[PDB]
A.B. asks: 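Looking at a complex of darunavir and Protease here.
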Number of protein chains: 2
Amino acid sequence: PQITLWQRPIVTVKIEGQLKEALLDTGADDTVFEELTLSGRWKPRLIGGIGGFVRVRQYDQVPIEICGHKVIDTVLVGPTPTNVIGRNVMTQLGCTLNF
Amino acid sequence: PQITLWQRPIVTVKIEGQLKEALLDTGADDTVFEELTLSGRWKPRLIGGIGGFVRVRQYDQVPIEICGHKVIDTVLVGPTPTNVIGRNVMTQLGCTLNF
Ligand SMILES: CC(C)CN(C[C@@H](O)[C@H](Cc1ccccc1)NC(=O)O[C@H]1CO[C@H]2OCC[C@H]21)S(=O)(=O)c1ccc(N)cc1
């Protein structure tokens with residue numbers, strides 16, 4: 001697929017049985033969701049963005065279905081105004097910036 | 001050009017005589033720089049990211065040299081940990097996400 005950027009590049013994901021939408025975000029190192037219940041152990045983490053810092057839970061080896069592809073990666077769960085799919089997942093999608 | 005996402009997609013830009021680096025950021029609606037001096041008038045604006053909001057100056061019709069292209073767009077100037085090139089500029093670059 002090719003995704004133009006006239007609009008926010010939002011995609012539908014399925015993670016641990018839950019359906020969500022998220023922004024394909026080349027500026028995000030990590031994948032981050034606000035309201036997502038994930039199972040298992042997690043480590044406390046702080047990430048920093050434009051308006052300051054938020055405390056998140058780091059969950060590892062989380063299954064994600066996105067763009068006709070199933071991938072497994074680290075998902076951070078914490079306050080964010082927008083769910084974001086980070087480079088960690090995009091490199092696995094074989095996703096590139098082309099122009 | 002094609003930019004893979006194994007590393008942050010940082011690019012060199014020239015804006016109003018000044019040389020800077022910035023992240024090609026599909027999750028950013030707008031282009032934002034921290035330490036860029038721009039000429040003319042501006043409007044006060046607040047943008048929201050992860051962690052909270054920041055006050056920025058909005059400058060219109062700023063020429064930007066990026067990726068062999070000269071483009072002209074709105075640049076927000078304010079506190080950000082990382083300069084980001086937003087979709088406003090990327091659409092002009094003909095820049096797309098491919099996988
Ligand atoms: C500033 C970037 C280097 C990092 N940010 C990713 C970025 O794409 C966010 C992604 C984003 C999107 C919406 C809300 C919060 C964060 N966009 C953003 O802050 O854009 C601002 C400039 O344009 C405006 O348009 C949308 C928000 C404004 S980030 O959200 O802070 C971030 C940081 C670390 C991780 N792992 C994931 C995301």
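Within every chain, numbering begins at 1; the chains are lettered A, B, ... in the order of the sequence lines, protein sequences first and strands thereafter. Looks like X-ray crystallography, 1.8 Å, at least that's what the header says. Note that ligands are numbered from 1 as they come in the structure, with each ligand's atoms numbered from 1 the same way.
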A.B. asks: Mind listing the other chains that have a heavy atom within less than 4.0 Å of darunavir?
C.D. replies: A, B
A.B. asks: Can you walk me through which residues contact darunavir using 4.0 Å for heavy atoms?
C.D. replies: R8(A), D25(A), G27(A), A28(A), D29(A), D30(A), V32(A), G48(A), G49(A), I50(A), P81(A), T82(A), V84(A), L23(B), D25(B), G27(B), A28(B), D29(B), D30(B), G48(B), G49(B), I50(B), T82(B)
A.B. asks: How far is atom 13 (C) of darunavir from its nearest protein heavy atom, and which residue and atom is that?
C.D. replies: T82(A) OG1, 3.3 Å
A.B. asks: Could you find the nearest protein heavy atom to atom 21 (C) of darunavir and give me its residue, atom name and distance?
C.D. replies: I50(A) CD1, 4.0 Å
A.B. asks: Among protein heavy atoms, which sits nearest to atom 1 (C) of darunavir, and what does the distance come to when rounded to 0.1 Å?
C.D. replies: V84(B) CG1, 4.2 Å
A.B. asks: Looking only at protein heavy atoms, which one is nearest to atom 18 (C) of darunavir, and how far off is it?
C.D. replies: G27(B) O, 4.1 Å
A.B. asks: Students should be able to answer this: which protein heavy-atom is nearest to atom 33 (C) of darunavir, and at what distance?
C.D. replies: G48(A) O, 3.6 Å
A.B. asks: Please state which protein non-hydrogen atom is closest to atom 38 (C) of darunavir and give its distance, to 0.1 Å?
C.D. replies: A28(A) CB, 3.5 Å
A.B. asks: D29(B) to darunavir: N or O pair under 3.5 Å?
C.D. replies: yes
A.B. asks: With atoms numbered from 1 as shown, which atoms in darunavir lie under 4.0 angstrom from a non-hydrogen atom of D30(B)?
C.D. replies: 23 (O), 24 (C)
A.B. asks: In the entry's source annotation, what organism is given for chain B?
C.D. replies: Human immunodeficiency virus type 1 (BRU ISOLATE)
A.B. asks: Quick one: look up the protein heavy atom nearest atom 31 (O) of darunavir and list residue, atom name and how far away it is.
C.D. replies: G49(A) CA, 2.9 Å
A.B. asks: Is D25(A) in polar range of darunavir, meaning some N or O pair under 3.5 Å apart?
C.D. replies: yes
A.B. asks: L23(B) heavy atoms, cut-off 4.0 Å: which darunavir atoms fall inside?
C.D. replies: 3 (C)
